[PDB]
A.B. asks: 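Pyrazinamide + Non-structural protein 3, experimental structure. Questions below.
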Amino acid sequence: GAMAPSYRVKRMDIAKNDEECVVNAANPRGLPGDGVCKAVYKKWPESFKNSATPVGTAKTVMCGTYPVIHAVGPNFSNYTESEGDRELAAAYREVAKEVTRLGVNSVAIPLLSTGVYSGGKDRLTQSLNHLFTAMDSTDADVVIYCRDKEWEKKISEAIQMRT
Ligand SMILES: NC(=O)c1cnccn1
Ligand SMILES: [Cl-]
Ligand SMILES: [Cl-]
């Protein structure tokens with residue numbers, strides 16, 4: 001574990017993270033995809049061997065000794081708000097299990113289902129709160145990666161609020 005486990009946020013490409021492992025915002029079929037998933041495919045292509053996994057689950061594949069945790073959030077175009085919310089909460093619990101099993105002291109994580117799986121809605125608060133619910137009982141340093149300046153401010157505010 002980290003000596004004083006923390007949350008931080010950075011506005012940059014998760015493929016350039018400074019953490020001991022990465023969470024991919026994966027699709028269920030282990031395809032290169034777009035956004036975070038395409039950047040992860042270009043940086044750690046070996047991690048996409050047998051990475052396919054259902055919605056609401058996480059499956060880790062090593063690229064050398066560097067763990068890539070493929071987490072499949074729901075596509076809110078396809079799910080009801082209720083079922084999508086349940087699967088988004090489940091994906092993050094599976095991420096906490098994997099981070100714990102790996103024994104890492106740090107993890108780089110994107111906000112699941114906030115991009116092309118958002119169903120055109122702002123899900124910053126919904127996705128971040130499910131991230132906190134899952135990761136608060138872990139002792140890894142968590143670094144959240146985002147791309148938008150307004151999102152960075154709102155994530156930073158939510159972290160600082162809890163102290
Ligand atoms: N996570 C992000 O960087 C982000 C930015 N703008 C909309 C949705 N997600
Ligand atoms: Cl960058
Ligand atoms: Cl997404």
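For the single chain, residues carry numbers from 1 onward in sequence order. Ligands are counted one by one from 1 in listed order, and the atoms in each one are counted from 1 as well. Keep in mind that the numbers below use all heavy atoms, side chains included, and drop hydrogens, waters and symmetry copies.
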A.B. asks: Identify all ligands or chains assigned to pyrazinamide.
C.D. replies: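 Short answer: ligand 1.
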A.B. asks: Please state which ADP-D-ribose-binding residues recorded by UniProt for chain A are within 4.0 Å of pyrazinamide (heavy atoms only).
C.D. replies: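 Checking heavy atoms, no UniProt ADP-D-ribose residue is near pyrazinamide.
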A.B. asks: Taking N or O atoms only and a 3.5 Å limit, does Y145 qualify as a polar contact for pyrazinamide?
C.D. replies: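 The answer is no, given that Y145 and pyrazinamide share no N or O pair closer than 3.5 Å.
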A.B. asks: Give me the nearest non-hydrogen protein atom to atom 9 (N) of pyrazinamide as residue plus atom name, then the distance to 0.1 Å.
C.D. replies: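 The answer is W151 CZ3, 3.3 Å.
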A.B. asks: Can you list the atoms of pyrazinamide that are under 4.0 Å from a heavy atom of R147?
C.D. replies: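 Those of pyrazinamide that fall under 4.0 Å from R147 are 2 (C), 3 (O).
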A.B. asks: Tell me: protein heavy atom nearest atom 8 (C) of pyrazinamide, and distance?
C.D. replies: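 Scanning the protein heavy atoms, the shortest distance from atom 8 (C) of pyrazinamide goes to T114 O, 3.1 Å.
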A.B. asks: Any idea which UniProt domain of chain A makes up most of the interface with pyrazinamide?
C.D. replies: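 The majority map to UniProt domain Macro.
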A.B. asks: Under 4.0 Å from any heavy atom of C146, which atoms of pyrazinamide are there?
C.D. replies: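 Atoms satisfying the 4.0 Å criterion: 3 (O).
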A.B. asks: Under 4.0 Å from a heavy atom of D148: which atoms of pyrazinamide are those, numbered in the order shown and with their elements?
C.D. replies: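 Those of pyrazinamide that fall under 4.0 Å from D148 are 3 (O), 5 (C), 6 (N).
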A.B. asks: Look up the source organism of chain A in the entry.
C.D. replies: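 The deposit lists Chikungunya virus.
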A.B. asks: Within 4.0 Å (heavy atoms only), which residues surround pyrazinamide?
C.D. replies: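 Heavy-atom neighbours of pyrazinamide: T114, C146, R147, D148, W151.
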